[PDB]
2 protein chains.
Amino acid sequence: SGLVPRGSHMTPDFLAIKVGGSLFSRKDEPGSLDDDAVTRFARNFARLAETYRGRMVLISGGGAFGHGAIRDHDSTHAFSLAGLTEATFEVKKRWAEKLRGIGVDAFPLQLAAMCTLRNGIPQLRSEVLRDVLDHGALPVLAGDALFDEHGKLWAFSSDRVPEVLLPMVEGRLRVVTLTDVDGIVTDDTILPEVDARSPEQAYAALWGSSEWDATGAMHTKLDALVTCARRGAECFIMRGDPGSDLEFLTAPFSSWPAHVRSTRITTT
Amino acid sequence: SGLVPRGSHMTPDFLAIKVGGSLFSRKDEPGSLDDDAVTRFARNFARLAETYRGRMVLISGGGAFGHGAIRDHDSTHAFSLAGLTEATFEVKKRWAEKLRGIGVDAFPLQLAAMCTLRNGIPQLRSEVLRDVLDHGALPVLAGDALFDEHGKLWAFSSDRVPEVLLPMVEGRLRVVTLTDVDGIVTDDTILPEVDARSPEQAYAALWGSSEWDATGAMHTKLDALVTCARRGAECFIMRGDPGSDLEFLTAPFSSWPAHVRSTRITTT
Ligand SMILES: Nc1ncnc2c1ncn2[C@@H]1O[C@H](COP(=O)(O)OP(=O)(O)NP(=O)(O)O)[C@@H](O)[C@H]1O
Ligand SMILES: Nc1ncnc2c1ncn2[C@@H]1O[C@H](COP(=O)(O)OP(=O)(O)NP(=O)(O)O)[C@@H](O)[C@H]1O
Ligand SMILES: C[C@@H]1O[C@@H]1P(=O)(O)O
Ligand SMILES: C[C@@H]1O[C@@H]1P(=O)(O)O
Ligand SMILES: [Mg+2]
Ligand SMILES: [Mg+2]
């Protein structure tokens, strides 16, 4: 409804943290979950969750489950994808279950029950997300199989979940996507800043996976964050490490500790 | 929006079928699921689902999972109940997974992501249910842990899920609750008909469980169906049997086969 001050000096009002599947699950290993990694990440997320109570969502990568359930679905019945919803709910559960164990009010929410696709733009269609946050709880979210306006299912990566927050979050949204690289690498060298109004050089730098990636690797990652940033968010691609202290993610970007490697995406 | 003809001669426009946990899961046995029973029920539900495409929901009892996750939760943190949502999602998955296997477009939906409690009346708060049905799909639903307006979680039985349909379904709603008795037994003898405007004798007949029931056994069953029936639904309590042919549930109650035992609840 109003003028929002934004800048490297300002403190974010909302944290959307997305953790890559690959950081806790081996894609090509059915059912796999590094519990040690989950435990230790969960412990760092929980400290953030207490600071940002009702002002945070944790978004989980699909790992073996999500990439698995897309791999296997028959392409000739769009509806076989429905397995993906059951698959990514499994990962939300693991996080919530773990986070509650160390005192976080973590509640898993099924995105497919809350959000549809309407001309390719994901539409929040449930008031429950806003309510859970208002209650001071921590929504644990993930990618999903989403219905479009014609009833066809589409695989929707956890990377794009933050886009769903855009029309909902008042004030400063920060999106941090924890990944298995330090940021977008160009040339042996990571790009520190990307202007979301002209991300040309960032898109120019991406390479193709070894064919193993159902949700578009870095390209979908950049699409999502470029989309959020054009809508005001401060967005980051950085390496997730299960033991890494993340308290600085509550801090103005100006006052971030030394030698943190990231790619930041903003609409100057 | 208009005048709806209703009667024992008329054909229902919408089927809400609720199957008791006890019919496929042993409450006091953690994780248990009678696969044979699920397979065979699923097969009978699927024939209904094809007839009532986009005009049906399957509602699953919680069984070992749901009754288990309530049993175990610490009562002093209301938020421990969050386990119940992960628990009843497990059962929805099993049904959907099975139903899709024999060609049904079955999609599990998390009620807690769609519905809150507001002065004790469950409120549908997501447009997704209506949309999934409009797409011709079969929502697989269940009880859940639901947030109230103050942020406290409450255990919400599958038995009350039909109440959520009431403001949504145009025309004639039929609710069939498949259970482990033939109907409400009074006196050695089952009550054939209950007027939802004065259910006194029906409520008078209920006995207390052996203390083993977290969601109120027959009392919650009657509450839910009395609530639906006061709002126009035709409602039934009858014995679920996994091999029982259920094609007659699409038929006017007048033209139901011989010797079917049920208790019918209507607002004359
Ligand atoms: N210019 C680039 N800089 C960095 N990484 C890149 C670049 N281009 C492509 N990539 C690939 O993008 C990957 C990051 O996306 P991705 O593999 O999807 O990570 P994730 O989503 O965090 N985990 P998962 O989804 O389970 O694979 C890297 O591992 C690189 O292979
Ligand atoms: N007057 C009555 N007539 C029939 N059953 C009754 C009556 N009063 C109490 N009951 C109990 O109500 C039970 C039915 O509810 P319930 O045990 O909750 O069935 P369910 O919901 O279908 N399966 P589950 O929820 O897993 O136990 C019966 O098994 C009876 O013990
Ligand atoms: C939705 C499928 O799991 C993948 P992602 O969300 O990890 O991209
Ligand atoms: C919600 C808890 O599982 C029970 P019910 O839904 O089977 O009553
Ligand atoms: Mg990825
Ligand atoms: Mg019961």
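Naming: A, B, ... by sequence-line order, numbering from 1 per chain. One-based numbering, in listed order, for ligands and for the atoms of each. Values below: all heavy atoms of this structure, side chains included; hydrogens, waters and symmetry mates excluded.
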* Which partner chain accounts for the most atom contacts with ligand 4, named as in the PDB entry? -> FomA protein
* To do: Report the drug at ligand 4, choosing among sevoflurane, tranylcypromine, fosfomycin.
  => fosfomycin
* In this structure, which other chains have a heavy atom at a distance under 4.0 Å from fosfomycin (ligand 4)? -> B
* Among protein heavy atoms, which lies nearest atom 7 (O) of fosfomycin (ligand 4), and at what distance? -> B:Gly62 N, 2.7 Å
* To do: May I ask you to check if fosfomycin (ligand 4) and B:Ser60 share an N or O to N or O distance below 3.5 Å?
  => no
* **Contact atoms of fosfomycin (ligand 4), heavy-atom distance to B:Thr215 under 4.0 Å** => 2 (C), 4 (C), 5 (P), 8 (O)
* Purely on distance, is any nitrogen or oxygen of B:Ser158 under 3.5 Å from one on fosfomycin (ligand 4)? -> yes
* Asked: Which organism does the PDB entry give as the source of chain B?
  -> Streptomyces wedmorensis
* Using a strict cut-off of 4.0 Å, indicate which atoms of fosfomycin (ligand 4) neighbour a heavy atom of B:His67. => 3 (O), 4 (C), 7 (O)
* Which atoms of fosfomycin (ligand 4) sit under 4.0 Å from any heavy atom of B:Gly61? -> 7 (O)
* Output yes when the distance from some N or O of fosfomycin (ligand 4) to some N or O of B:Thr88 is under 3.5 Å, and no in every other case. => no
* **Contact residues, fosfomycin (ligand 4), heavy atoms 4.0 Å** => B:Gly61, B:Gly62, B:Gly66, B:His67, B:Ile70, B:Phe156, B:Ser157, B:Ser158, B:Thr215
